[PDB]
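Structural view - batimastat in its complex with Regulator of sigma-E protease RseP.
We're sticking with the PDB entry numbering for chain A, so the shown stretch reads 1-447, in order. So this one's X-ray crystallography, 3.2 Å, going by the header. Each ligand, and each atom within it, is numbered from 1 in the order the structure gives. Values below: every heavy atom of this structure, side chains too, minus hydrogens, waters and symmetry copies.
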Amino acid sequence: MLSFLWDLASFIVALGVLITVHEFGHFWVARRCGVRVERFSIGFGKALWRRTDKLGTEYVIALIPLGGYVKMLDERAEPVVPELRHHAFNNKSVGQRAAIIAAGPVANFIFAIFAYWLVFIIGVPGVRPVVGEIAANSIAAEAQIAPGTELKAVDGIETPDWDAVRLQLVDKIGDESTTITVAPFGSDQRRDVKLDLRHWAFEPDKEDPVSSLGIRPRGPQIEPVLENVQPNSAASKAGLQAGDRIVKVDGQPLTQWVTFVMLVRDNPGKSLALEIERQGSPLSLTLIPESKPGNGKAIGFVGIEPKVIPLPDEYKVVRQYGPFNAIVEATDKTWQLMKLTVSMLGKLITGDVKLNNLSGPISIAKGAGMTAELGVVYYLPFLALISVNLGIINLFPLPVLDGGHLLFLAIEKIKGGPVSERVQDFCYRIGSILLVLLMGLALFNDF
Ligand SMILES: CNC(=O)[C@H](Cc1ccccc1)NC(=O)[C@H](CC(C)C)[C@H](CSc1cccs1)C(=O)NO
Ligand SMILES: [Zn+2]
Ligand SMILES: [Zn+2]
């Protein structure tokens, strides 16, 4: 309960913000062009929050947060006073109406710029792309890549952190090989290696592209030391205190923490003989894991948070700039994201990216919950990414979207007159049908 509520709240706030910024771009550019905005609907369905401005503009918050619109003044929808005729949308030039229509996606892009600028002003952390472990017989193992190597670039594009590395790796789906400029950590002697991607197969929704290459990044190391023990837990009833060191679990010494994790998760109820050390004194204990609700089966909990040692700050990057520099870098980052979304849609259409791994609203909500839990410096880039996505999928040439408006408007500009009398209407309805079908298919592949 306490988790799903946070997820839904973060999802609703993210939606609200993005809808508001798109419709605000629409409304601002429209009002500046000289037309009169009537309704500023943020959401679909029955309205809940209606307010009226002095200029007659009605701001409306509805209940279905999966969209929104801006109702313009048009002679093709209501009878207009002879003086308000030039305040109508249809009585404007093709260029003005095209700008008013394109304002929305441009508003989303500008919101992404602003989010990344605010993040750069406040600063976003990051880890250097340094390999810690290499899985044998993998993509990177066969390319003469040794542990302790700092990735410098992917196909020439700079990769200062693991995030940019994954961002460039996902852009190589469908390719048979890729080129990575690497260097040992410390020495700036660059070297171009080539990863073979012919038999490469991974789901971007389920698999980390770094691990898909058999690469583990160097991160904070978990050590078999108890940081704190929650009260009224299995470890608390087992006699474990803060600062204890798990040495032996069921006869064999404890080498990794994932071993203890799997032993607690796959063995609920059954005892575990723990030989530990407390203040240099060896002790024996019997840990009986509980059985809290899990996914797929019954998982076991003990209430132990291990002690993690963060990797040295040598593998840390601070990405904060000054105001003007932050503006420049945010523009560059959002342009990169736009080009990457273009290439990703191209990959999905060309036939090498399955549509079943698409971002579904429940997955979007879980990601929003996780990000909002992580803080603001993570929630803002998430909002910027989803804003770029929304702005770029609405500029898609389809009758009901802003892009279809721009398309029919350009055809009117060339032809000298609106495309269709009612020949459009049968596409106006079919586009809404296709949008509802796409929404349903996206919701179903998420489930
Ligand atoms: C989550 N909904 C969307 O992303 C749809 C397009 C879509 C539908 C289904 C699947 C994928 C994309 N876009 C919009 O709702 C735009 C609103 C922005 C702020 C998101 C909106 C589209 S117009 C209208 C459609 C129905 C009544 S009014 C717009 O352009 N206002 O200026
Ligand atoms: Zn006037
Ligand atoms: Zn729009």
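- Tracing batimastat through the model gives ligand 1.
- With the cut-off at 4.0 Å and only heavy atoms counted, the binding site of batimastat comes to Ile19, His22, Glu23, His26, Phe44, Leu66, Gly67, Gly68, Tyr69, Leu390, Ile393, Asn394, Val400, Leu401, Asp402, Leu435, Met439.
- For chain A and batimastat, the nearest UniProt active-site residue, with heavy-atom distance to 1 Å, is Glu23, 3 Å.
- In this PDB entry, no covalent tether of batimastat is modeled.
- The deposit lists the origin of chain A as Escherichia coli.
- Result for batimastat at 4.0 Å: UniProt transmembrane segments of chain A, from the N terminus, with a heavy atom inside the cut-off are 1, 3, 4.
- My check of the UniProt Zn(2+)-binding residues in chain A for heavy atoms under 4.0 Å from batimastat returns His22, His26.
- Neighbours of batimastat under 4.0 Å (other ligands and ions): ligand 3 (zinc ion).
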